[PDB]
J.: 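Pasting in a structure now, in structure tokens, and then I'll have a few things to ask.
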Amino acid sequence: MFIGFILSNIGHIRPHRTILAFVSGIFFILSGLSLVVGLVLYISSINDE
Amino acid sequence: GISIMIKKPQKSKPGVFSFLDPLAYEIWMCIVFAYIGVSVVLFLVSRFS
Amino acid sequence: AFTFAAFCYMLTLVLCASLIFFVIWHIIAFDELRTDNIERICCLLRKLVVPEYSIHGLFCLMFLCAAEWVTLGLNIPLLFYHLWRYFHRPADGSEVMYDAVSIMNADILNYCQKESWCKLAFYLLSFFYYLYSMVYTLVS
Ligand SMILES: N#Cc1ccccc1-c1cc(-c2ccccn2)cn(-c2ccccc2)c1=O
């Protein structure tokens, strides 16, 4: 989320290269997929014990 | 005489691939290779004739 | 009894029946070539051959996962023959390759016809090898 945020602000101040916005979208999506694996691991660790 | 004392067995927490367990692993291997089997035979039947 | 290895032999009778039909069509194509024709038997052959590899390439990964090491080993001489005709000698081509732009000049025409009867002789012996070890693994 912090990588995708600082690469979104570069995409707001230098829009001459547009690929800053799409790649920062990828870090915003790889972050949320790492929550889900984390929250499945977190909840399943409780239920096992 | 001499006997064995073990801890009384329990619910036995699941693994990662515990969802596969209603069918034996010999079934799942036959399912995967029948999947490529019917897909090749679909391809043979539809391309030629 | 029925098992996963017995199913790996059932599933390769069905696909070796396709492999012999690739080769009956492959001996007719070069016999009709000599009678007449280049550009069509370029295109008609070129579409056929890549199914013939990967079906046999399926058999390699199927008997590897079935733990059939004699059967995987008997598919090895046809396999490493197949890697040579696609990685080092599919001469230049670049449409698919191999039974492509390179026809007459007639020296590959003799090499293909020796191959075309060598494919059928292996596949007809593979069909009865697969039919035997099917009946073997079922009864035993
Ligand atoms: N419970 C559960 C469950 C939920 C969804 C998919 C599979 C399972 C499951 C099924 C089986 C099983 C086994 C034999 C016959 C039928 N089902 C076993 N397990 C399981 C539970 C605890 C530890 C290991 C496996 C399981 O977790």
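Throughout, a chain's letter reflects where its sequence line sits, starting with A, and its residues are numbered from 1. Only part shown; contacts counted inside that part. First listed ligand is number 1; within each ligand, the first listed atom is number 1.
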J.: Just wondering - which macromolecule does ligand 1 hug the most here, in the naming of UniProt?
T.: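 Its main partner is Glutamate receptor 2.
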J.: What is the recorded name of the drug molecule at ligand 1?
T.: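 That drug is perampanel.
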J.: Would you mind telling me which other chains place a heavy atom less than 4.0 Å from perampanel?
T.: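 Chains with a heavy atom that near perampanel: B.
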J.: Any chance you could list the binding-site residues for perampanel? Cut-off is 4.0 Å, heavy atoms.
T.: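 By heavy-atom distance, that gives B:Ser12, B:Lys13, B:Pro14, B:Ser18, B:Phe19, B:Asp21, B:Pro22.
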J.: Does the protein put a heavy atom under 4.0 Å from atom 1 (N) of perampanel?
T.: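 No, there is no protein heavy atom closer to it than 4.0 Å.
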J.: Right, does atom 4 (C) of perampanel have protein non-hydrogen atoms nearer than 4.0 Å?
T.: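 No, no protein heavy atom sits under 4.0 Å from atom 4 (C) of perampanel.
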J.: Under 4.0 Å from atom 26 (C) of perampanel, do we find at least one protein heavy atom?
T.: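 Given the 4.0 Å cut-off, atom 26 (C) of perampanel counts as touching protein heavy atoms.
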J.: Tell me: protein heavy atom nearest atom 10 (C) of perampanel, and distance?
T.: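 Nearest neighbour among protein heavy atoms for atom 10 (C) of perampanel, to 0.1 Å: B:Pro22 CD, 3.6 Å.
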J.: So, for atom 21 (C) of perampanel, does the protein have a heavy atom nearer than 4.0 Å?
T.: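 Under the 4.0 Å cut-off, atom 21 (C) of perampanel has no protein heavy-atom neighbours at all.
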J.: Output the list of atoms in perampanel that are nearer than 4.0 Å to some heavy atom of B:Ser12, sorted by atom number.
T.: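 Here the atoms of perampanel in question are 22 (C), 23 (C).
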J.: Which residue owns the protein heavy atom closest to atom 9 (C) of perampanel, what's the atom, and how far is it?
T.: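 Answer for atom 9 (C) of perampanel: B:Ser18 O, 3.3 Å.
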